[PDB]
Amino acid sequence: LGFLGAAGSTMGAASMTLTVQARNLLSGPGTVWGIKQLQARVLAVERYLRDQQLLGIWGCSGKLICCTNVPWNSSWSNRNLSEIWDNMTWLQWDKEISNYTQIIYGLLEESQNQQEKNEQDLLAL
Amino acid sequence: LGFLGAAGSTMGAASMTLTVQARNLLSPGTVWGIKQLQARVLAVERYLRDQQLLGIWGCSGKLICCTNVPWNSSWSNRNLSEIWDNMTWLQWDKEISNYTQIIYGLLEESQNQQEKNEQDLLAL
Amino acid sequence: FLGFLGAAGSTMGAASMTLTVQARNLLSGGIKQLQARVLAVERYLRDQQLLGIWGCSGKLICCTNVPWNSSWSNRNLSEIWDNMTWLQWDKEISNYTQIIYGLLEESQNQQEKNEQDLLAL
Amino acid sequence: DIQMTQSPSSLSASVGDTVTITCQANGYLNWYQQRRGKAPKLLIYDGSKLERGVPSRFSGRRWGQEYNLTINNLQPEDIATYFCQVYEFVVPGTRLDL
Amino acid sequence: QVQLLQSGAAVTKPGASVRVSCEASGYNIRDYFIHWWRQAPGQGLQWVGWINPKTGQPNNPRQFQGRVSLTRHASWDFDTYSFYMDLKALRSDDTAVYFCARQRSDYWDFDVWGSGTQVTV
Amino acid sequence: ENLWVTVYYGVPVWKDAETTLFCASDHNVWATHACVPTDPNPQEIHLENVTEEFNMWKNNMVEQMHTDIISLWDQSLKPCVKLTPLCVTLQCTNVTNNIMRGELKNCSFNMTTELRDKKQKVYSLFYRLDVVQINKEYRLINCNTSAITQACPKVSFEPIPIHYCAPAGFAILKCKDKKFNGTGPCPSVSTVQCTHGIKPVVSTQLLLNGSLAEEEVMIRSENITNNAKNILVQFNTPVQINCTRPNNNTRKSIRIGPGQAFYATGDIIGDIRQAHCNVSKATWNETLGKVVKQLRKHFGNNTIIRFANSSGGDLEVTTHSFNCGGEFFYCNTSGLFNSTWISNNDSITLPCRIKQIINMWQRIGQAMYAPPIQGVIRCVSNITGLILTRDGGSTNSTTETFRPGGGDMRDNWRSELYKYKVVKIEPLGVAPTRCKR
Amino acid sequence: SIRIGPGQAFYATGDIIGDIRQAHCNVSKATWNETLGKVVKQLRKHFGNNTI
Ligand SMILES: *[C@@H]1O[C@H](CO)[C@@H](O[C@@H]2O[C@H](CO)[C@@H](O[C@@H]3O[C@H](CO[C@H]4O[C@H](CO)[C@@H](O)[C@H](O)[C@@H]4O)[C@@H](O)[C@H](O)[C@@H]3O)[C@H](O)[C@H]2NC(C)=O)[C@H](O)[C@H]1NC(C)=O
Ligand SMILES: *[C@@H]1O[C@H](CO)[C@@H](O[C@@H]2O[C@H](CO)[C@@H](O[C@@H]3O[C@H](CO)[C@@H](O)[C@H](O)[C@@H]3O)[C@H](O)[C@H]2NC(C)=O)[C@H](O)[C@H]1NC(C)=O
Ligand SMILES: *[C@@H]1O[C@H](CO)[C@@H](O[C@@H]2O[C@H](CO)[C@@H](O[C@@H]3O[C@H](CO)[C@@H](O)[C@H](O)[C@@H]3O)[C@H](O)[C@H]2NC(C)=O)[C@H](O)[C@H]1NC(C)=O
Ligand SMILES: *[C@@H]1O[C@H](CO)[C@@H](O[C@@H]2O[C@H](CO)[C@@H](O)[C@H](O)[C@H]2NC(C)=O)[C@H](O)[C@H]1NC(C)=O
Ligand SMILES: *[C@@H]1O[C@H](CO)[C@@H](O[C@@H]2O[C@H](CO)[C@@H](O)[C@H](O)[C@H]2NC(C)=O)[C@H](O)[C@H]1NC(C)=O
Ligand SMILES: *[C@@H]1O[C@H](CO)[C@@H](O[C@@H]2O[C@H](CO)[C@@H](O)[C@H](O)[C@H]2NC(C)=O)[C@H](O)[C@H]1NC(C)=O
Ligand SMILES: *[C@@H]1O[C@H](CO)[C@@H](O[C@@H]2O[C@H](CO)[C@@H](O)[C@H](O)[C@@H]2O)[C@H](O)[C@H]1NC(C)=O
Ligand SMILES: *[C@@H]1O[C@H](CO)[C@@H](O)[C@H](O)[C@H]1NC(C)=O
Ligand SMILES: *[C@@H]1O[C@H](CO)[C@@H](O)[C@H](O)[C@H]1NC(C)=O
Ligand SMILES: *[C@@H]1O[C@H](CO)[C@@H](O)[C@H](O)[C@H]1NC(C)=O
Ligand SMILES: *[C@@H]1O[C@H](CO)[C@@H](O)[C@H](O)[C@H]1NC(C)=O
Ligand SMILES: *[C@@H]1O[C@H](CO)[C@@H](O)[C@H](O)[C@H]1NC(C)=O
Ligand SMILES: *[C@@H]1O[C@H](CO)[C@@H](O)[C@H](O)[C@H]1NC(C)=O
Ligand SMILES: *[C@@H]1O[C@H](CO)[C@@H](O)[C@H](O)[C@H]1NC(C)=O
Ligand SMILES: *[C@@H]1O[C@H](CO)[C@@H](O)[C@H](O)[C@H]1NC(C)=O
Ligand SMILES: *[C@@H]1O[C@H](CO)[C@@H](O)[C@H](O)[C@H]1NC(C)=O
Ligand SMILES: *[C@@H]1O[C@H](CO)[C@@H](O)[C@H](O)[C@H]1NC(C)=O
Ligand SMILES: *[C@@H]1O[C@H](CO)[C@@H](O)[C@H](O)[C@H]1NC(C)=O
Ligand SMILES: *[C@@H]1O[C@H](CO)[C@@H](O)[C@H](O)[C@H]1NC(C)=O
Ligand SMILES: *[C@@H]1O[C@H](CO)[C@@H](O)[C@H](O)[C@H]1NC(C)=O
Ligand SMILES: *[C@@H]1O[C@H](CO)[C@@H](O)[C@H](O)[C@H]1NC(C)=O
Ligand SMILES: *[C@@H]1O[C@H](CO)[C@@H](O)[C@H](O)[C@H]1NC(C)=O
């Protein structure tokens, strides 16, 4: 469906086209256009590396879809599985959990740190 | 052997020396300044594009990596016995410079299918 | 939440819990500012490339097959992990760093060729 | 060195007929039309490539050392001096006559 | 557009010196060599020689060596060029039409020519 | 078998590409202070069984180097004094010397001073080439064509080597093969961290300093059947050229305005002689013997290859132009380029004029005034090559004539970057193997 | 071209060759009216139906 083609698609149908959005994240004074475009390119590289570091900190490095041990708090969203993956889109869902994103990110970081510690102790003995 | 030393060596001989090529891919006040900055940004972007291509196929952080995509004979009708002993990588690139895009797309689709299957398996 | 570099003076046992805090702050953000940002990005990529070359990609705490040579340090595990901070230990292995890095590179190389031989039976 | 050999100085061809003036040469060859003492005009640049603004009837083909200058549907205006040039050397051109 | 305007016809005595001018305008004159050709009446073209507009260096055959002189003058404002050909020791063989041609490429594919100055001794 | 795709990263393969190289070298115009300190041990890796299709005449390294040298020249000339008040009427008497002709004019002129409302009266020994008449009234040659700025006083024009290093993800292939003409497949290829020591030496008709070939004299032309293409000759043995300005000159500071200084040739403390360059007679004769041998290789064994002095042009092209100790020499090489070769401690002194107003890189509107250099000056350089042009219209009648070349200054860089190519690594590769996840 | 300084020129009108006329712009009348008609029809949506 091309770049951002599954925007109006449901969450489940848009989870099959994560690659087409992943590729377009990195596809791209002496003069008026020089320094500002170079700054934009450096900012794009920094944003991509921040996203990759965030993925690696949660243990989901190199994975487009990755599972985690963090339980889903009912306060974050009371909606069930069917009305999330067959009714709503990704835009609406991001608008819904826009407050709760930071708490979820912190829980993912804490869970991965705990998992790494448990794995290290288990491998030690 | 140093950087790019195994360019003339056989493919199997260069499989063990891939690391030195891999390492050497990262490294207006003055005429040198802004041009060096642009060169560094270009090198960083090229390296990150290569790493992203590796990671989208499931080969993240690995120099050598199997994939589920079958080697369709339309891309090359050749025998494995003499490719790894009597061929060099430059010639091999010259034969298959024309079907890289579709192969890369197939790798993307196959890894997406594999990740979906792993998600479904871990669901139950 | 001790904060950035908060566990720098505590022993290693409490310092290894806060690896993510110092890891996050390596990517916080004229010609000089652009050069500084590009150098920071290149340094982060150098560190991550070094990690990936040893097989520790996307892993803060990574176990490896390299044996610990006694000549590098004669101390014991309890003394290392419960008496000194990370700064003192870094001062204590300043000249042995490159040899350990090379051994990690060689060990991961041996691991990947062994994996390729095993999987292609 | 440069060796040049051209077709005989005068060929007579009627309207609607196709004529080929062969020129054997070593080097980049260009075909020119000189019309009754006026300055030459570049018909063909390099062996087989058409100058911009030249009529589409004009064409050439290179095989070996010979360049034929195939002209299709000859007209009364095209009747003029034609010659082949490689570098600084120019043969005395042929002359279509009608 | 691209244009190379020649001068009027000249009549000179034998042994005198003649000058023919060619004003080039309408393009980047400095990039393309300006060759001079000489058509005798009824005979084929001859090569008087080329001149570089950037450096003024001419190149003429052995036949025209010592008599011909190709000069160039770039008028201020860089609006036009004036290429001059001077013949010094004229004789009966120099009755001819002189053309100034623009060598576009390495093929010597002269696409623009001058009007043609007829000189008769 | 049913092999599957296997992905290899770090593959040693490359493709042709153009990128911006950065300078590394171990004050002057070409700012090496803002360059990478080059590593002491160059990394040269001989790539065996590799043949690379080199083409020096379409090298982008040459174009990038030319652009960089021009930009560095402009950058060095920018942040210091511009000599705009000098373009006025100059009443120029002849110099005191009892006599080449009027090569030095005395030229007294009213000039500006620190106070705008006041005018002084100074004088400055100009050269004949730097002044054009308008019986005694003169003016600087640049007045009706260009805006002149003073070459900047503390800055030196002495070349020092600069290495053109490719960025990460790119490699430089040197062609170690001897008797290697510019185009075609080089079979002996090496990968290097950076180029050799390349001194930017501006010169016409004679490539000074630089590299010195390996085995034999090398003639390289973009096309040897084309007159418009220059012929670059590289010697296997250098020819020592000893150049000198013998006049002892005095530099006077004049205040043209607040904080601005103009440096004038106040006096000649000594004796007025003509500058020159000596070339050894026997060495140049043997060198031209090697050159005519290698040219007869190209043009057949029965051609009367003769050399002749340059046909007309600007002064930068008709004479061997260069810079020695800050003073710009223009040497009449009619004695060098002579003789007629057939199919078989005495020195040649070339009288050099000297100029102060200079138009570099084939430009007008940006004129430069080299300040006078105090004391006598002497240089010892290596003629290691020539630029030549062949007279057209041979009509296969032998007797090919070769005159010295022009001031393109990209041919000067092509005699150093002939062996170097820039390639881009493409480490990602896909192959068939029985590997499977 | 008037040389004002070294390497600097000032391009100045020297002479009008021919009759001195006035610059102008022509617009079709039959087009510009009913173009204004469409504009008025679309403005009356915002500002009311009986407005002048
Ligand atoms: C080709 O390379 C040759 C060397 O292989 C070049 O010859 C050398 O060139 C320099 C040119 O000046 C001369 O060396 C010294 O010159 C200085 C004068 O410059 C210094 O002083 C001024 C102010 O006093 C300062 O601004 C400068 O930065 C310098 O520090 C004198 O101090 C010395 O007497 C000495 O002569 C030599 O003549 C020469 N060196 C040799 C023969 O060893 C040659 O110029 C190059 N050819 C070119 C560029 O065409
Ligand atoms: C200089 O320009 C000349 C043309 O003026 C180029 O010469 C061309 O060279 C090629 C390669 O040798 C010739 O083609 C080859 O030769 C024969 C036909 O002569 C035949 O076996 C093949 O067709 C083959 O391509 C070609 O004929 C010749 N002429 C032209 C008009 O293209 C030359 O390559 C240029 N370069 C140099 C470095 O000398
Ligand atoms: C290349 O070499 C030739 C021959 O050596 C040089 O030609 C010579 O040029 C000078 C200077 O223009 C001529 O002198 C002039 O001659 C007459 C008197 O005969 C007079 O008008 C001038 O006062 C002046 O002295 C000289 O005659 C002439 N020689 C010959 C044999 O023609 C030429 O200058 C050199 N070109 C270069 C280095 O570019
Ligand atoms: C150039 O001319 C000036 C005068 O215009 C000369 O300077 C004078 O020289 C005489 C004779 O030695 C002295 O008496 C004067 O005091 C000098 N200075 C003046 C008038 O300011 C100068 O010597 C000449 N320079 C040369 C020929 O190199
Ligand atoms: C060039 O002239 C200068 C003066 O303009 C000479 O420098 C003088 O040298 C003598 C002898 O050593 C000293 O006593 C003077 O004090 C110097 N004068 C100045 C003003 O510095 C210099 O020696 C001359 N050079 C040559 C090669 O003759
Ligand atoms: C370059 O040098 C040659 C050789 O010295 C000069 O030719 C001489 O010119 C003078 C007049 O300037 C004659 O009197 C000589 O007879 C010539 N010598 C010959 C023909 O061998 C030539 O003029 C110089 N070029 C310049 C100064 O531009
Ligand atoms: C250029 O100047 C050289 C010195 O800088 C001359 O070298 C000479 O060579 C011998 C020793 O080899 C001695 O005679 C003398 O002391 C001097 O060093 C060289 O000949 C000279 N070259 C020319 C062409 O004039
Ligand atoms: C848009 O939504 C409708 C249902 O409302 C669905 O049938 C249709 O396929 C969707 N179109 C897309 C995702 O392009
Ligand atoms: C934040 O949550 C509240 C309810 O707790 C909700 O009303 C609000 O819409 C959320 N914010 C956004 C930006 O959607
Ligand atoms: C190619 O070079 C390699 C070393 O770089 C060598 O092992 C191999 O034998 C060479 N090829 C041939 C045919 O000798
Ligand atoms: C693809 O590229 C090759 C190599 O350049 C070319 O010869 C070929 O015609 C192209 N097409 C196919 C179908 O292989
Ligand atoms: C500092 O030293 C005290 C000593 O009792 C220790 O308890 C504490 O953990 C150390 N570190 C920090 C960060 O406070
Ligand atoms: C490493 O060796 C140097 C001497 O080369 C010594 O000064 C330094 O303290 C040593 N570092 C350690 C033991 O950490
Ligand atoms: C400047 O004047 C000189 C005086 O001789 C003349 O040669 C030159 O052509 C002039 N330059 C121009 C008009 O650009
Ligand atoms: C001054 O000018 C020239 C300079 O070459 C010289 O030949 C001439 O004799 C002098 N004129 C005089 C003293 O009148
Ligand atoms: C300086 O200006 C004066 C008038 O004040 C004039 O007579 C003289 O010719 C000018 N030049 C010099 C060099 O004195
Ligand atoms: C020199 O170049 C010519 C074509 O320009 C070619 O025939 C010759 O083989 C080249 N020299 C080599 C490969 O040594
Ligand atoms: C030196 O040149 C003379 C003629 O000027 C000739 O006899 C001799 O053979 C030349 N030397 C060489 C090495 O060609
Ligand atoms: C050049 O050589 C000729 C003899 O061939 C000689 O008469 C002439 O003087 C020489 N020219 C010089 C040395 O400038
Ligand atoms: C000339 O070349 C020689 C080697 O042939 C070298 O030693 C010398 O430094 C070079 N430079 C000179 C004499 O300035
Ligand atoms: C404008 O000029 C064109 C021709 O360029 C003409 O067809 C058209 O009717 C004119 N329009 C006017 C006068 O409104
Ligand atoms: C403009 O067109 C409208 C609508 O056709 C019409 O009512 C009106 O009279 C026209 N105005 C003129 C011709 O001035």
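Every chain is numbered from 1 and lettered A, B, ... according to where its sequence line falls, protein lines coming before strand lines. Only a slice of the deposited entry appears, and the contacts counted are all within that slice. Values reported hereafter were calculated over all heavy atoms of this structure, with side chains retained and with hydrogens, waters and symmetry mates removed.
As for chains D and E, the drug there is 3BNC117. This structure shows the largest set of contacts to 3BNC117 coming from the chain the PDB entry labels HIV-1 Envelope Glycoprotein BG505 SOSIP.664 gp120. By chain letter, those with a heavy atom nearer than 4.5 Å to 3BNC117 are F, G. Chain by chain, 3BNC117 shows the most heavy-atom pairs under 4.5 Å with chain F for chain E. Listed by number, the residues of chain F within 4.5 Å of 3BNC117 (non-hydrogen atoms) are F/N144, F/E222, F/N223, F/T225, F/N226, F/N227, F/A228, F/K229, F/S311, F/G312, F/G313, F/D314, F/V317, F/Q362, F/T389, F/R390, F/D391, F/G392, F/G393, F/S394, F/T395, F/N396, F/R403, F/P404, F/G405, F/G406. At a heavy-atom cut-off of 4.5 Å, contacts from 3BNC117 to chain F involve D/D1, D/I2, D/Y87, D/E88, D/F89, E/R30, E/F33, E/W47, E/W50, E/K54, E/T55, E/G56, E/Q57, E/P58, E/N59, E/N60, E/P61, E/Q65, E/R72, E/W76, E/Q103, E/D106, E/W108. Checking the PDB entry shows the name of chain D to be 3BNC117 Fab light chain. The deposit lists the name of chain E as 3BNC117 Fab heavy chain.
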